[PDB]
Q: 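Dropping a structure here in structure tokens format, bear with me for questions.
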There are 2 protein chains.
Amino acid sequence: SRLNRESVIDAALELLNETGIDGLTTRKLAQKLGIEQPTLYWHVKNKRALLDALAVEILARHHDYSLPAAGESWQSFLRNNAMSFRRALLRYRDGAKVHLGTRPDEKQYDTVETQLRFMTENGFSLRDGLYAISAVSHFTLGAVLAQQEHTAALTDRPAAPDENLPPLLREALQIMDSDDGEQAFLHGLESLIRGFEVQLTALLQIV
Amino acid sequence: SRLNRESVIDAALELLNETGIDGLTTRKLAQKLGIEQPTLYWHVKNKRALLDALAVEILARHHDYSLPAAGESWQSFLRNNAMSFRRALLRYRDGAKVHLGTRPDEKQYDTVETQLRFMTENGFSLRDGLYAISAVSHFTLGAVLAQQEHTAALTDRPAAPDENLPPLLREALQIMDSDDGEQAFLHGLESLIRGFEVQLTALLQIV
Ligand SMILES: CN(C)c1ccc(O)c2c1C[C@H]1C[C@H]3[C@H](N(C)C)C(O)=C(C(N)=O)C(=O)[C@@]3(O)C(O)=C1C2=O
Ligand SMILES: CN(C)c1ccc(O)c2c1C[C@H]1C[C@H]3[C@H](N(C)C)C(O)=C(C(N)=O)C(=O)[C@@]3(O)C(O)=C1C2=O
Ligand SMILES: [Cl-]
Ligand SMILES: [Cl-]
Ligand SMILES: [Cl-]
Ligand SMILES: [Cl-]
Ligand SMILES: [Cl-]
Ligand SMILES: [Cl-]
Ligand SMILES: [Cl-]
Ligand SMILES: [Cl-]
Ligand SMILES: [Cl-]
Ligand SMILES: [Cl-]
Ligand SMILES: [Cl-]
Ligand SMILES: [Cl-]
Ligand SMILES: [Mg+2]
Ligand SMILES: [Mg+2]
């Protein structure tokens, strides 16, 4: 099949959804594409370059809320931003493991820059705007990794069904796995944003 | 060398610090221990059982603040808890990648149970206590993964040194990598806790 950037990325994401990150290799990618490894090598040097590119593309394709709406509050933008980040990461198997250790790509510079200018225009210093952005990303990444990687681990070996857990831990785990972890996440996200709001409004006051 | 649980775990953590999670194998563990693979297999069935055990042991050894102090506020306990969780995860290379997708171990039941009882005795429902605990873990895990995995990625290929970044993104990344990410983390952690505090005190009031 065809080996332009787009087709290589499409085949790569298919294979990622078939086999997960740890068994995504240039060997199996070559196989999926019906080509010899030294053909693929012309197009994709290594698994790292491949992972770097999927990270960027999963967002370009599926992270629809990168930009604030005209007039949107910074709280609403961080919420809508986080929800969209979470969506994009969950869309492919081990997606958050793919995102891990990427930095914004040149094709995301203007997007990430705008996001920081927007914060700073709402009364954040660069530094608190940065911390808010970073906290939202790290929170959202952990929440999606815990969920994806809890799941991957269960494929490999089960858990004790209850007949062994102490009572609170027993009902806590029933609750946290009764949706995908979406309510733990949406609740944590409100706590985080209100925390940034309390910090920002305080200004020089001891808070 | 000796193959009791303790010695296998010690050798495993050494190898983890030498080679990272992705090149930690039962082959190289057998080599490190100076034994044949079918000898190791008696002791350790697979990489999963091995990862499950290192996850538990890295905490037992190095997560000193699992328990609140008598009289300690829930805010102070979540802070001291998170800081200690972060420490334990950073102590070994790809440590957070090791923790990912573990659930509390039987030898951590009484610890995690106590943590939930403590929250609920401070006025959290099980559910908000749970969300607070989960948010603190997911935040702390993302923060440590972003840092560890940003680092692992740099071994594999560098970044653009500045002569290409737009201005805010340029100075943001200088700031966020001028310590290990410890100030982004400690700031995010205060925002999260104050957010849980605002939620809890509100009770039935629209907040
Ligand atoms: C400059 N800024 C503080 C940093 C620092 C370190 C980082 O590792 C990153 C950023 C920007 C953030 C912005 C976030 C943004 N959001 C908070 C989720 C975001 O929506 C995007 C995006 N491309 O739309 C990211 O690049 C992003 O996911 C991302 O991957 C980032 C990222 O990796
Ligand atoms: C029951 N509780 C809500 C859950 C649910 C899902 C989970 O995946 C987990 C917990 C408890 C938390 C407690 C946290 C605690 N802390 C908030 C960091 C903690 O200090 C410990 C500990 N063993 O001391 C954990 O087990 C812990 O790191 C952990 O790994 C957990 C964990 O994995
Ligand atoms: Cl074709
Ligand atoms: Cl082609
Ligand atoms: Cl193309
Ligand atoms: Cl490869
Ligand atoms: Cl293969
Ligand atoms: Cl986890
Ligand atoms: Cl010996
Ligand atoms: Cl022995
Ligand atoms: Cl032992
Ligand atoms: Cl193995
Ligand atoms: Cl090997
Ligand atoms: Cl990251
Ligand atoms: Mg990122
Ligand atoms: Mg855990």
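Each chain gets a letter, A, B and so on, in the order its sequence line appears, and its residues count up from 1. Both counts, for ligands and for their atoms, begin at 1 and track the order of listing.
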Q: Help me out: which chain holds the greatest share of contacts with ligand 2, per UniProt?
A: Tetracycline repressor protein class D
Q: Give the PDB name of the drug at ligand 2.
A: minocycline
Q: I'm mapping contacts for minocycline (ligand 2). Which other chains have a heavy atom under 4.0 Å?
A: A, B
Q: Any N/O of B/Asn81 closer than 3.5 Å to an N/O of minocycline (ligand 2)?
A: yes
Q: Help me out: which other ligands and ions are under 4.0 Å from minocycline (ligand 2)?
A: ligand 16 (magnesium ion)
Q: Can you tell me which residue and heavy atom of the protein come closest to atom 25 (C) of minocycline (ligand 2), and the distance to 0.1 Å?
A: B/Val112 CG2, 4.2 Å
Q: B/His99 to minocycline (ligand 2): N or O pair under 3.5 Å?
A: yes
Q: Under 3.5 Å, N or O to N or O, is B/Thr111 touching minocycline (ligand 2) that way?
A: no
Q: For atom 14 (C) of minocycline (ligand 2), which protein heavy atom lies nearest, and how many Å away is it?
A: B/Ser137 OG, 3.8 Å
Q: Which UniProt tetracycline-site residues in chain B are within 4.0 Å of minocycline (ligand 2) on a heavy-atom basis?
A: B/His63, B/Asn81
Q: Check minocycline (ligand 2) against A/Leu173 and write out every atom of the ligand that is under 4.0 Å from a heavy-atom position of the residue.
A: 5 (C), 6 (C)
Q: Return the closest protein heavy atom for atom 33 (O) of minocycline (ligand 2) as residue, atom name and distance.
A: B/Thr102 O, 3.8 Å
Q: Where does minocycline (ligand 2) share space with the UniProt Mg(2+)-binding residues of chain B, that is, which have a heavy atom under 4.0 Å from it?
A: B/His99
Q: Return the closest protein heavy atom for atom 20 (O) of minocycline (ligand 2) as residue, atom name and distance.
A: B/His63 NE2, 2.5 Å
Q: Taking only heavy atoms of B/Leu130, which atoms of minocycline (ligand 2) are found under 4.0 Å from at least one of them?
A: 3 (C)
Q: Please state which part of B/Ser134 comes within less than 4.0 Å of minocycline (ligand 2), counting heavy atoms only: side chain, backbone, both or neither.
A: side chain
Q: A/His150 near minocycline (ligand 2), heavy-atom distance under 4.0 Å?
A: no
Q: What is the residue list for the binding site of minocycline (ligand 2), using non-hydrogen contacts under 4.0 Å?
A: A/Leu169, A/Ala172, A/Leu173, A/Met176, B/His63, B/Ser66, B/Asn81, B/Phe85, B/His99, B/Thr102, B/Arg103, B/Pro104, B/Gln108, B/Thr111, B/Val112, B/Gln115, B/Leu130, B/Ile133, B/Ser134, B/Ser137
